[PDB]
Every structure is written in structure tokens, then in C-alpha cells.
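Structure follows of tolrestat associated with Oxidoreductase, aldo/keto reductase family.
Residue numbers count from 1 along this sequence. Atoms within a ligand are numbered from 1 in the order they appear, just like the ligands themselves. Worth knowing before you read on, the calculation uses all heavy atoms, side chains too, and leaves out hydrogens, waters and symmetry mates.
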Amino acid sequence: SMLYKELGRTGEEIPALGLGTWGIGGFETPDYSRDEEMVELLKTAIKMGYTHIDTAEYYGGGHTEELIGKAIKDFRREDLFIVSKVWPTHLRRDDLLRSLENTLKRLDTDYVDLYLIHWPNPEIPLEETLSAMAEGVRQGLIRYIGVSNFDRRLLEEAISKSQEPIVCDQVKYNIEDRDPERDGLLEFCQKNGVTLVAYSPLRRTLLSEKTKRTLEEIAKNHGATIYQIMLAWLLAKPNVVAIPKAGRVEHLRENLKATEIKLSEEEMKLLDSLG
Ligand SMILES: COc1ccc2c(C(=S)N(C)CC(=O)O)cccc2c1C(F)(F)F
């Protein structure tokens with residue numbers, strides 16, 4: 001069963017595992033060769049409880065949003081939490097609103113639940129970008145806004161330049177990548193009502209031997225895989241939600257089961273000490 005957590009200070013709970021859609025319908029460019037199969041995979045995921053869907057305008061060169069737009073027609077729009085993002089070349093006002101409009105056209109929906117700046121662009125003033133996002137909110141095209149790949153100092157700057165609340169910061173965070181801890185970003189989010197959304201929450205390969213050995217012992221004690229332990233570790237943290245890459249039905253089932261794991265206080269301290 002899906003774990004839910006409050007988003008920001010919105011009073012709204014969202015699935016604490018998002019459905020990562022990078023690669024569905026292509027990566028950087030559109031891939032049409034598996035459209036029927038991919039729509040079926042998206043519907044299967046949503047039916048399992050993955051109603052929080054993470055995508056972006058540049059996923060599959062726009063085709064990922066198109067495939068999501070077909071899959072979601074089997075469901076009530078208000079039951080889904082759809083996240084999209086704008087590429088850093090589109091952060092000027094007119095370009096952002098065009099990116100938003102085209103995202104809504106490809107999704108064939110009237111609004112996105114959450115819209116994020118994918119990556120900061122120092123050349124474009126944050127106040128302009130955030131003011132354009134607020135126009136989208138005022139028009140009913142966006143429910144919530146957030147940022148992605150903003151370190152602590154830039155998140156603070158964004159908060160100071162945003163009319164609307166910044167409800168999240170989506171950053172890379174996993175058992176080996178501790179930049180959000182070392183930056184004080186996780187602590188800032190926990191103390192300021194911002195959800196930290198961990199992408200690449202699983203490190204599937206190239207782990208250190210100390211990490212592998214520690215995860216293997218805890219996984220054994222819980223009858224789980226090391227990937228389930230990596231996810232449970234993130235989900236145990238206040239204000240942390242995770243976006244595993246969907247991939248396939250086996251991953252969707254395994255990751256959903258990771259919400260059933262209750263790590264002990266000893267296990268958490270041991271995992272915390274790996275980075
Ligand atoms: C459009 O191009 C992208 C976009 C995003 C990425 C990402 C990221 S950060 N994501 C897929 C997650 C996201 O965009 O939210 C990781 C690696 C290569 C990428 C690439 C690229 F493959 F080119 F390098």
C-alpha cells in the first residue's frame with residue numbers, strides 16, 4: 001500500500017513514491033515503437049496506486065507527456081497528481097507560459113498539479129520565472145509550484161522572490177549521494193515546510209563495498225532487497241518523498257512493498273553513516 005506524506009504546508013497528502021517516467025516514450029527524443037505497451041504500463045502503475053506522476057516537457061522530446069495523456073483518461077483527473085517541469089532555456093516569461101501551455105496540450109488536461117523549474121539558469125532572473133509561474137497559478141493552470149536542482153542558497157533566494165509558496169525542491173538524493181545533507185538543504189526543508197523530492201533514489205550499480213555490505217545485512221533482516229532498503233531509508237525521513245524510475249512491473253511492485261519496511265533506530269543510524 002502507498003505511503004502518503006503532506007506536500008509542503010499545503011494540507012494535501014501525496015503519494016510518497018512518485019512514478020518516474022524518464023525513458024517512457026523515449027529519453028531525449030521521441031520513441032514511438034512501444035506506445036501501446038507503455039500506455040499499458042502507465043495504467044498498470046496508476047491502478048497499483050502510483051497516482052503521483054512525474055514527467056517534464058523534454059521527456060521523450062514531449063512524447064512522454066503524450067503517453068501519460070492517453071493513460072490518464074482511464075482515471076479521474078482529480079485523483080491524480082501530475083508533475084511537469086520546464087527546461088532552463090524556457091524560463092523567460094513568454095517561453096515559460098508557452099512551455100506550460102504545450103505541456104497541458106500534450107497531457108490533454110486543463111492543469112498540472114505541480115510545475116517545477118528543472119534547473120537554474122543564472123542568465124534569467126528568478127523573479128521573472130517565478131512571476132510567470134504565479135501567472136499560471138492565478139489562471140488555474142498550475143496548482144502548486146516548486147523547483148528542482150536548487151541548492152539551499154538558491155532555494156532560499158527562490159522563496160524570497162516567489163509570490164506563490166515553493167512547495168518542494170526535487171534533487172538527487174540516495175544512500176550514496178548526500179549533497180542535500182552536506183548542503184544543509186534537507187534540514188532547511190524540514191525546518192521551513194518544503195518537501196525534498198529525491199530523484200535517482202535508487203543507486204542500482206557501482207555501490208561501494210561498505211554500502212553493499214551494510215545494505216545486505218539490513219535487507220536480510222527484513223527479507224527485502226537492498227533497493228527496498230535504500231527506498232525505505234529515504235521514506236523514513238521527515239519531508240522526503242522519492243521518485244524511483246518506473247521501468248517495469250517488477251520494480252513497481254518491489255518499490256511499493258518498500259513502504260511496508262519499518263527500519264529500526266539502529267538500522268537508520270547505520271545507514272545514515274554510509275555517507
Ligand atoms: C533532455 O536531456 C536530459 C534531461 C534530463 C536528464 C537527467 C535528469 S536530471 N532527469 C531525467 C530527471 C529530470 O529531468 O527531472 C539525467 C541525465 C541526463 C538527462 C538528459 C540528457 F540525456 F540529455 F543528458
Region of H118 that comes within reach of tolrestat (ligand 1) [heavy atoms, distance under 4.0 Å]: side chain
For atom 23 (F) of tolrestat (ligand 1), closest protein heavy-atom neighbour: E28 CG, 3.5 Å
Are any of the N/O atoms on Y59, whether in the backbone or the side chain, positioned under 3.5 angstrom from an N/O atom of tolrestat (ligand 1)? yes
Which atoms from tolrestat (ligand 1) have a heavy atom of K85 less than 4.0 Å away? 15 (O)
Verify atom 17 (C) of tolrestat (ligand 1): protein non-hydrogen atom under 4.0 angstrom away: no
Min heavy-atom dist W119 to tolrestat (ligand 1) below 4.0 Å: no
Less than 4.0 Å from atom 14 (O) of tolrestat (ligand 1), is there any heavy atom belonging to the protein? yes
Just going by heavy-atom distances, which of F27, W22, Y58 is nearest to atom 20 (C) of tolrestat (ligand 1)? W22
Tolrestat (ligand 1): binding-site residues, heavy-atom cut-off 4.0 Å: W22, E28, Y58, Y59, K85, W87, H118, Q170
